[PDB]
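Notes to accompany the following structure.
So for chain A, numbering is the PDB entry's, and the shown residues are 69-104, 108-254, 284-483, in order. Note that ligands are numbered from 1 as they come in the structure, with each ligand's atoms numbered from 1 the same way. Heavy atoms only: backbone and side chains are in, while hydrogens, waters and symmetry mates are out.
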Amino acid sequence: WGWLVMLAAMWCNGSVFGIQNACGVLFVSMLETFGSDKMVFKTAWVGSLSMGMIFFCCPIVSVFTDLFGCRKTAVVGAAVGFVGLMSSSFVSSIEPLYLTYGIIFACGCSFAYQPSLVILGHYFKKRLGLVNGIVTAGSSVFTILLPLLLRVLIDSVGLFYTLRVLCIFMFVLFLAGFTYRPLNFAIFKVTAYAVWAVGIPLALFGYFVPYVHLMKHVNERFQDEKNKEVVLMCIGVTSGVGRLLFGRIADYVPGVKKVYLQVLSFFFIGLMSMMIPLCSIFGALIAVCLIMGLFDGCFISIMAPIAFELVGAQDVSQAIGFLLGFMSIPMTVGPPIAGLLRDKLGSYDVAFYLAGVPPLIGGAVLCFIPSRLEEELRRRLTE
Ligand SMILES: N[C@@H](Cc1cc(I)c(Oc2cc(I)c(O)c(I)c2)c(I)c1)C(=O)O
């Protein structure tokens, strides 16, 4: 088995999130097929539910995996994902899609992906973090490359065939799953965690809007767009390097003392989102995309260490579970509201601005977290 555990974990992490991020390239043609009324409002749910259900289901998997074992639940996740992707075929209306794609597919994907971490632990009972960086660099490949394959694949055979063929990834995941073989509400009393856990979800209330609506905002330059997929590929091409660099950066002395760089990340990503609906020359959009992706990777990379910095090591699991439970909502509610925001009398021009407000509030809230304080001074002032 050996290193193949990490090798297959790479494939799993790529397979799930590459699709979840290429969702837009599906959406652009899914809207066209079996098209209308008020379609843009309904369709967004197809990807919104898919992205929300993974986070909603991740915490509960911590009971299933511990109940059945590490080897299981990965086979089951892969099989359920394959069943859902296949069932997405033979659908003559958009209504069943919410159930075939989304609910079923993500309820499979979360089961497939969650146990990967528990077995990356014990990879070699050492050298954690470096393995995670390797896996991130690997999944960067699938995030970068998949949009190119799907874009050319769609025109040859329609959406139905595309989803019926994407089952190859789930099948390979199912086969690789055989490698795995091993060989609570009291948290809120901590004020720092209480503030942070509300700050982050309030910050991400527009994070997933671009990943869904950017490919449809494109075609504003209907003629000059000799190539579209690059504009979405260059988000991941920068996210990979950003995560890789910030993994190294996090622990270095000049900035490891107490990290609040997530405030900077939110500020920059919000500003760049506020920049999209204005730039006209093509290259400016790619520059904005790179600026977005770099900090998008940085913020996600820096998250986990803050978890055990704020709270003891024992409660990190519960902390992450609650955090993902809260995070389930904003990504489900974002894209639909963003689409509808001016689906009457306008375009995304008026919708991308308001997608940029929540990040600033989130950054302020996170910057409003106390520290460097202890109660030994309580004798002096308030008593
Ligand atoms: N849109 C992103 C997808 C993505 C979102 C989040 I939020 C995230 O952060 C975590 C951290 C831990 I730790 C988890 O167990 C989980 I599940 C998600 C990661 I990694 C990836 C992209 O472009 O790839």
Write down the drug found at ligand 1. L-thyroxine
Which macromolecule does L-thyroxine (ligand 1) make the most contacts with, named the way UniProt names it? Monocarboxylate transporter 10
Got a sec? Which transmembrane segments of chain A (UniProt, counted from the N terminus) put a heavy atom under 4.0 Å from L-thyroxine (ligand 1)? 1, 2, 7, 8, 10, 11
Would you look up which organism the entry lists as the source of chain A? Homo sapiens
